Trainee: 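Handing you a structure now.
In what follows, chains carry the letters A, B, and so on, assigned in the order in which the sequence lines appear, proteins first and then strands, with residues in each chain numbered from 1. Both counts, for ligands and for their atoms, begin at 1 and track the order of listing.
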2 protein chains.
Amino acid sequence: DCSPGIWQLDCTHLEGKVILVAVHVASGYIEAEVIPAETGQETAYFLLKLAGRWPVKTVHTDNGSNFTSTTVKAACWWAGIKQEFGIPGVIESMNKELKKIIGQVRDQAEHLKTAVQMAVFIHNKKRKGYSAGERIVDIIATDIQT
Amino acid sequence: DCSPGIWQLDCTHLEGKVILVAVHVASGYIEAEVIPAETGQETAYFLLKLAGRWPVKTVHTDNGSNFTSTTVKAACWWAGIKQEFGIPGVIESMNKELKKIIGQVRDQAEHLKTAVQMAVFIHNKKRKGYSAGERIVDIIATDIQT
Ligand SMILES: Cc1nc2ccccc2c(-c2ccc3c4c(ccnc24)CCO3)c1[C@H](OC(C)(C)C)C(=O)O
Ligand SMILES: Cc1nc2ccccc2c(-c2ccc3c4c(ccnc24)CCO3)c1[C@H](OC(C)(C)C)C(=O)O
């Protein structure tokens with residue numbers, strides 16, 4: 001999607017832990033956190049953080065049941081977020097890409113969470129020809145003036 | 001400072017917990033996390049996250065001993081961050097402002113960390129006449145083209 005307020009949120013499992021990954025659909029920019037286990041409360045907390053940093057309008061997921069909890073609904077209500085009911089998705093390979101980079105760097109760090117943030121850094125800085133990190137700020141900045 | 005790669009990191013204490021606050025000096029934009037206690041490892045981890053998201057060149061603090069740990073030095077080395085040896089600071093009132101907003105919203109949430117992220121959201125979205133959230137993306141976007 002071209003729309004700059006659209007994010008996708010999904011969890012992946014690795015080493016008995018959970019990685020919550022948010023992808024800015026228009027740019028391919030990622031933010032991630034390692035959490036103990038998938039819970040509504042953790043998703044809610046993550047969304048509050050994301051919304052305070054970026055202009056989040058709509059969120060999508062590959063697992064709709066992710067957003068059924070009261071806590072998630074509360075966070076979306078307060079921050080003014082809707083569920084995205086478009087996207088009938090390059091975000092699959094985006095997540096597998098991340099899991100690849102994590103694999104490449106994993107032995108360099110003790111903790112998974114360290115490897116994850118290393119992988120997010122690599123992903124967001126990598127040039128394509130701008131990086132995801134540059135594309136997100138450009139898209140959002142532009143949209144402010146539009 | 002006008003320089004867009006400059007951040008200030010400090011911890012504040014509230015309810016027996018620690019709030020790590022990063023301020024983008026040029027814009028006044030904030031990111032924050034609640035941690036159990038001040039440790040080098042938590043500061044290091046926080047820096048890795050910050051660096052993966054923004055083009056962080058130099059970091060300053062009001063407590064220099066914050067950055068003596070091996071873990072912090074490792075994170076700064078890997079992410080290519082230097083200590084800022086300028087700034088001989090509106091960032092004091094910036095932190096007290098945040099603690100004020102937290103006070104205003106605190107009773108609305110069970111957890112301190114929820115109130116903190118609520119306060120970060122409010123701070124970053126508030127118009128001055130742009131918000132901190134808009135100023136950071138503008139400053140960074142502009143600097144990409146310069
Ligand atoms: C524990 C809880 N339990 C809950 C139980 C039911 C519904 C919401 C929560 C909420 C809640 C969720 C999202 C919000 C809230 C806000 C104010 C108060 N509570 C919440 C504004 C920002 O978004 C919460 C909050 O905790 C988490 C964010 C970790 C889930 C809270 O600290 O009150
Ligand atoms: C536990 C530790 N213990 C340490 C002890 C001494 C020095 C560094 C650490 C480091 C370390 C710190 C920063 C880094 C690292 C990198 C690779 C490997 N280790 C680290 C690249 C990114 O920045 C770390 C890392 O853990 C924290 C980030 C929670 C401190 C790690 O998981 O290896």
Trainee: Help me with this one: what macromolecule has the most contacts with ligand 1, named as in the PDB entry?
Mentor: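 The largest share of contacts goes to Integrase.
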Trainee: Can you identify the drug or drug candidate present at ligand 1?
Mentor: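 The drug there is BI 224436.
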Trainee: Could you check which other chains have a non-hydrogen atom under 4.0 Å from BI 224436 (ligand 1)?
Mentor: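 The other chains with a heavy atom that near are A, B.
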Trainee: Heavy atoms under 4.0 Å from BI 224436 (ligand 1): which residues of other chains qualify?
Mentor: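 The heavy-atom contacts are A/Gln41, A/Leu48, A/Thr70, A/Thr71, A/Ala74, A/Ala75, A/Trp78, B/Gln108, B/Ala109, B/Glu110, B/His111, B/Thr114, B/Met118.
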Trainee: Quick one: what's the source organism for chain A in the PDB entry?
Mentor: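 Source per PDB: Human immunodeficiency virus 1.
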Trainee: Write out the residue and atom name of the closest protein heavy atom to atom 6 (C) of BI 224436 (ligand 1), then the distance separating them to 0.1 Å.
Mentor: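 Going by distance alone, atom 6 (C) of BI 224436 (ligand 1) is nearest to A/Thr70 CG2, 4.0 Å.
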Trainee: Among all protein heavy atoms in this structure, tell me which lies nearest to atom 25 (C) of BI 224436 (ligand 1), with the distance rounded to 0.1 Å.
Mentor: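 Atom 25 (C) of BI 224436 (ligand 1) sits closest to the protein heavy atom B/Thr114 OG1, 3.6 Å.
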Trainee: Note the single closest protein heavy atom to atom 11 (C) of BI 224436 (ligand 1), along with its residue, its atom name and the distance in Å.
Mentor: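 Of the protein heavy atoms, A/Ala74 CB, 4.3 Å lies nearest.
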Trainee: Return the closest protein heavy atom for atom 10 (C) of BI 224436 (ligand 1) as residue, atom name and distance.
Mentor: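 In this structure, atom 10 (C) of BI 224436 (ligand 1) has A/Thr71 CG2, 4.3 Å as its nearest protein heavy atom.
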Trainee: I need the nearest protein heavy-atom contact for atom 17 (C) of BI 224436 (ligand 1): residue, atom name and distance, please.
Mentor: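 Nearest protein contact, heavy atoms only, for atom 17 (C) of BI 224436 (ligand 1) is B/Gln108 O, 3.7 Å.
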Trainee: How far is atom 33 (O) of BI 224436 (ligand 1) from its nearest protein heavy atom, and which residue and atom name does that atom have?
Mentor: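 Atom 33 (O) of BI 224436 (ligand 1) sits closest to the protein heavy atom B/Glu110 N, 2.9 Å.
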Trainee: Would A/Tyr45 count as a polar contact of BI 224436 (ligand 1), with the cut-off being nitrogen or oxygen pairs under 3.5 Å?
Mentor: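 No: no nitrogen or oxygen of A/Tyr45 is under 3.5 Å from one in BI 224436 (ligand 1).
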